[PDB]
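Consider the following structure, which contains Taxol.
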Amino acid sequence: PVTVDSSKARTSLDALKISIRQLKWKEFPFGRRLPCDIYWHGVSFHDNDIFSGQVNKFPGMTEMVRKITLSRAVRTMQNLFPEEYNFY
Amino acid sequence: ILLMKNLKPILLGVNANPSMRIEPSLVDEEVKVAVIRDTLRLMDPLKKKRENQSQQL
Amino acid sequence: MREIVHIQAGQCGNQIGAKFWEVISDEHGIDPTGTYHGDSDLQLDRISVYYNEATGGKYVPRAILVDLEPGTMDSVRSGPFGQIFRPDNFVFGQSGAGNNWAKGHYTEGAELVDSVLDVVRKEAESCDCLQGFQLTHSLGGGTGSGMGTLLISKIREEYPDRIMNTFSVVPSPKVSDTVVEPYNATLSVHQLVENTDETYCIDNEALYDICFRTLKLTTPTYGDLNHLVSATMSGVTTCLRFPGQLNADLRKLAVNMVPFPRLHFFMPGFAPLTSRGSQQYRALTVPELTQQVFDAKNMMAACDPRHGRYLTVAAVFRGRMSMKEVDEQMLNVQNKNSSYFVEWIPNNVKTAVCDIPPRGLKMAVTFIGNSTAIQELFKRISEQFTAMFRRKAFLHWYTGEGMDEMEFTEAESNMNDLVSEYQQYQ
Amino acid sequence: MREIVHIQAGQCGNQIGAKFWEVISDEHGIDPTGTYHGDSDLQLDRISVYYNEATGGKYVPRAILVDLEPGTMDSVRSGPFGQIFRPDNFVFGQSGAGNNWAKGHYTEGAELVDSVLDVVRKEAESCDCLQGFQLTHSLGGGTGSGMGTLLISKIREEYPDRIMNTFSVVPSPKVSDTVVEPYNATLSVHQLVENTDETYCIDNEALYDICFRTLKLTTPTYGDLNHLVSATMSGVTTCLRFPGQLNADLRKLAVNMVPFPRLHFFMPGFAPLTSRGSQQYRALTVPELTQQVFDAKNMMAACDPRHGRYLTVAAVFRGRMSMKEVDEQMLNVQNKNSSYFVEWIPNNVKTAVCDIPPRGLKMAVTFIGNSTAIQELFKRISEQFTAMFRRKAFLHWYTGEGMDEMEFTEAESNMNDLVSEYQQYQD
Amino acid sequence: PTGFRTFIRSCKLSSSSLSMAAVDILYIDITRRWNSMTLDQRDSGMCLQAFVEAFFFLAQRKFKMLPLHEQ
Ligand SMILES: CC(=O)O[C@H]1C(=O)[C@@]2(C)[C@H]([C@H](OC(=O)c3ccccc3)[C@]3(O)C[C@H](OC(=O)[C@H](O)[C@@H](NC(=O)c4ccccc4)c4ccccc4)C(C)=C1C3(C)C)[C@]1(OC(C)=O)CO[C@@H]1C[C@@H]2O
Ligand SMILES: CC(=O)O[C@H]1C(=O)[C@@]2(C)[C@H]([C@H](OC(=O)c3ccccc3)[C@]3(O)C[C@H](OC(=O)[C@H](O)[C@@H](NC(=O)c4ccccc4)c4ccccc4)C(C)=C1C3(C)C)[C@]1(OC(C)=O)CO[C@@H]1C[C@@H]2O
Ligand SMILES: Nc1nc2c(ncn2[C@@H]2O[C@H](COP(=O)(O)CP(=O)(O)OP(=O)(O)O)[C@@H](O)[C@H]2O)c(=O)[nH]1
Ligand SMILES: Nc1nc2c(ncn2[C@@H]2O[C@H](COP(=O)(O)CP(=O)(O)OP(=O)(O)O)[C@@H](O)[C@H]2O)c(=O)[nH]1
Ligand SMILES: [Mg+2]
Ligand SMILES: [Mg+2]
């Protein structure tokens, strides 16, 4: 069975749990020492020291979704493609 | 996304950590629980192995 | 006016209290015989805060010393500053409760707690305005960790409106000399959380680290370790006994340290601890004290503040410095290390100033820090406790001494809740 | 104001720094116990540059002494001007890294740069307005090159605005006490290109030549060489300590001295230098001073300046002199030896003047020259490195500590890149 | 800076018009501007957006009189 770590799910805990029960996957509410197949974090990718498996957080997405970084990327693309990127 | 009267979308904020809390709210549960279930189904670690075994067989 | 009643429990408590009483008697200028030989008019103004005036210029402390073994009483009595104490304050038992918490909390302690409380009431009632009590003990034994819970539980209901402190010694994982000791700690933390106004975690391994690193001491002993605890104890209550620019009584410290009722565990520190051959190479200023006061090396608890974030910080300065310098230094800490500070408490530091410095020194600080990293200590004990509880180990003693299985589970639940709630605000 | 942090690493760095602190403490009137006993007020007006003020008006030098072998530390402590350094400013290890660049940079010296950085931060924050860091070390050893590169990189990562001037000893072709020293030298030039602002090059062959020819000394030990290096070190930072008429600090020197970012490998010199049996047959005048400082033999680098063109030279006179003599004489230097200067940059001379002279003297000069001939000082090393590479020798002592083979090739190629950069502007 | 100079020497963008001094000046100016742009003033090195600006400048220098998308 697929092992999922939900110790750092936070607001995504409950919505995950039923889903975990919908797939008949077996959970670690408090985590474990051995590597897990899927790790579910809530805020930061650096919540746990993961060396293998899957994690629900790409690195650094806390900073990218910040307004100034997204704005900088959007203006870069608008310089590259003004007509296409007019939604912002 | 803000949907303009002339049906032109406007991208406002983007969130790396959206609120997945379902509390109970029927709409929030129906959307979010299904979203996470589909997310987990799309990346079952044994799906690739099962597909490879089926292709080999 | 505003006097404090002192209680000592166990061997660790008795030794720490003896060192503390020597320290305070030296500070206030008190003869070992009990007389006053000192050169100041300020050493006798608020002397009615630890001492009682007997006949013919004699001063006698409060000092309720308790033990279930009659050996520590003999050690304290025949010893420096050992006849300074009232003869009848020594309430001693006949057997040291082994290392059993059940023995000292249910059977041996019960036959002595009433005897202690008689003298406790007898002293208190001879006070103009009792500010509170303070207890020195260790959470690893039976007499200490059991008596200092039973006595505190019955002192709290009798005087709910007063102030209660505790300079407890939390057991350390590395420096361990007792086997059943985690059990005792797990059975005490849950009573040291709803029966005391303050509690100072004094881990022994941090004291050893300070002695080895800061003081360059090859061979430390228990006296050197108790010296630091006594220094912190004196620095906590200096503003009740000497004048200051900004006074800070015990209750004033309490009101701006605990944001919530059960967050009353702190980290002590003493600012000017240097060495004996590096003194000449240093300048005694406010910025350097604030630098050796906020370092994860001068702290008397074995948990790294870098792992958590401070909720509040106190800083009882002692010396004739300037207020602008203190305020500027506090603003730099907070601005420099912004991450190591809770965002929803602006200006987490509470300051104070007392003119009179400790003898010899011309400047000192006492850092009291409420930090989430303290949770580490608890989560370091519980694991050990669990390691010994799933397979019932050494539990026949406690079970046969009147306790039942459910108390251990209740204590673990209480400690786990405390850890979780301390982690909530991180 | 304008405080300078001092770092010493390795045996040569420690000994040179000890001599340097003895030299400065004589000039500012500091006793080997820390007290001030001096005659001029000016000495105690900028003691904040090198010294912190402790209690009882005792001044502690702002220096950090690091090494991976404890023994040398005792040698520093049990010597003259030795009980002045702060006891906690001695950071040290157990084994002296051998002659392994990898050991110092990667494996055994990495567990000590944390403590060194802690002391560096502690010193750097009790200063009002920091000016920069100066470091004395010797390329070719294990703790020197490796620990110095690691420390320098880790400091420019944290203070990427201060000035990093390095006084480094370079391998010599004749004198050589090591068999794997070209390896360490090549592995370090690269890190010094992009992590320092000024780099003063010193070789023991040149210092021995000076002690044998100019001074005519029978048995020149390491003491005389350290004395000369201390002399040139004190002379560069004089316009920050004493007052004058054309004051020039380290940043001004760098601005007038470095035309291109990678071109900061200077060569030093100190003008007034005579025997003990000739100080009466020679007059100490500005012409004689400026004639000795541009002498090819009186240069503390083993590169002949006649084989290249001076990019730019800075001179820092100390004493009471007329501006007209200085300008006229160091204009006439560049009309005679005209072929030895590049033409695309007119006025290849920077002149500063400090009023106070060194003790026991009347006039002195410190010369810093950026010339293309320094390429030879690197070129030889490459040749040696090459001879040790095709027949890979002593490489297992380096590859057994994590260093890959590719690092050697990259460092070597960077060295030829710097050499080619120095060469292209000469033609 | 070594990364930029290796990039320039690898993709052979340097020529008589654009020498090494100009490349170094461009790198210094872009790095200084982007370091000052951020709230923290250290920014030791070059981020990706500064590299995008440098690539835009280099593409402007080459292929003159051409649309930006073609550039
Ligand atoms: C060489 C020299 O100058 O010796 C000094 C001294 O300043 C040093 C060595 C002292 C000295 O302390 C220690 O050696 C020490 C050893 C182990 C653990 C703790 C301390 C000193 O003992 C401590 C003593 O301090 C006091 O007298 C304070 O008033 C202190 N007194 C006592 O604790 C005390 C009480 C009863 C009987 C004897 C001493 C105090 C501090 C806080 C509150 C009340 C009192 C002093 C000036 C010295 C010595 C003697 C070496 C230090 O004392 C403190 C805690 O402030 C340790 O670091 C500080 C500063 C200095 O380095
Ligand atoms: C009999 C006599 O005249 O002796 C003088 C002296 O003038 C001579 C011999 C000195 C002397 O120098 C040497 O003999 C020497 C030998 C090997 C290595 C280094 C020096 C002298 O040592 C050097 C010393 O110079 C200084 O004091 C300078 O200030 C110099 N050194 C020191 O301050 C110092 C302090 C403590 C311990 C040692 C030196 C200095 C110069 C610039 C910047 C910083 C320091 C002096 C006047 C002498 C002696 C003593 C023989 C000379 O000094 C220098 C380096 O300029 C060497 O040629 C000059 C001029 C003279 O010939
Ligand atoms: N700082 C000090 N720690 C002490 C001292 N005595 C003991 N200890 C430490 O505390 C623990 C034991 O404390 P005690 O022997 O005082 C406990 P107590 O006598 O109250 O328990 P019983 O065994 O039930 O009599 C153990 O970790 C010791 O290392 C002391 O004088 N000072
Ligand atoms: N001019 C001087 N050169 C020195 C002095 N001491 C050593 N050296 C030279 O420096 C070179 C490197 O030798 P060191 O042992 O000082 C180098 P390092 O400390 O980095 O090596 P390890 O201690 O073996 O790690 C070598 O040629 C020595 O002869 C000195 O006081 N002055
Ligand atoms: Mg006991
Ligand atoms: Mg060595």
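Within every chain, numbering begins at 1; the chains are lettered A, B, ... in the order of the sequence lines, protein sequences first and strands thereafter. Any value given below was found using the heavy atoms of this structure, including those in side chains, with hydrogens, waters and symmetry copies removed. Contacts here are counted within a displayed part of the entry, not across the full deposit. Ligands are counted one by one from 1 in listed order, and the atoms in each one are counted from 1 as well.
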What ligand numbers or chain letters correspond to Taxol? ligands 1 and 2
Name in UniProt of the chain with the most heavy-atom contacts to Taxol (ligand 1)? Tubulin beta chain
Would you pull out the other chains with a heavy atom less than 4.0 Å from Taxol (ligand 1)? C
Provide the organism that the deposit lists for chain C. Homo sapiens
Site of Taxol (ligand 1): non-hydrogen cut-off 4.0 Å: C:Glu22, C:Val23, C:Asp26, C:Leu215, C:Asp224, C:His227, C:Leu228, C:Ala231, C:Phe270, C:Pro272, C:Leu273, C:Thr274, C:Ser275, C:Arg276, C:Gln279, C:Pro358, C:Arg359, C:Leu361
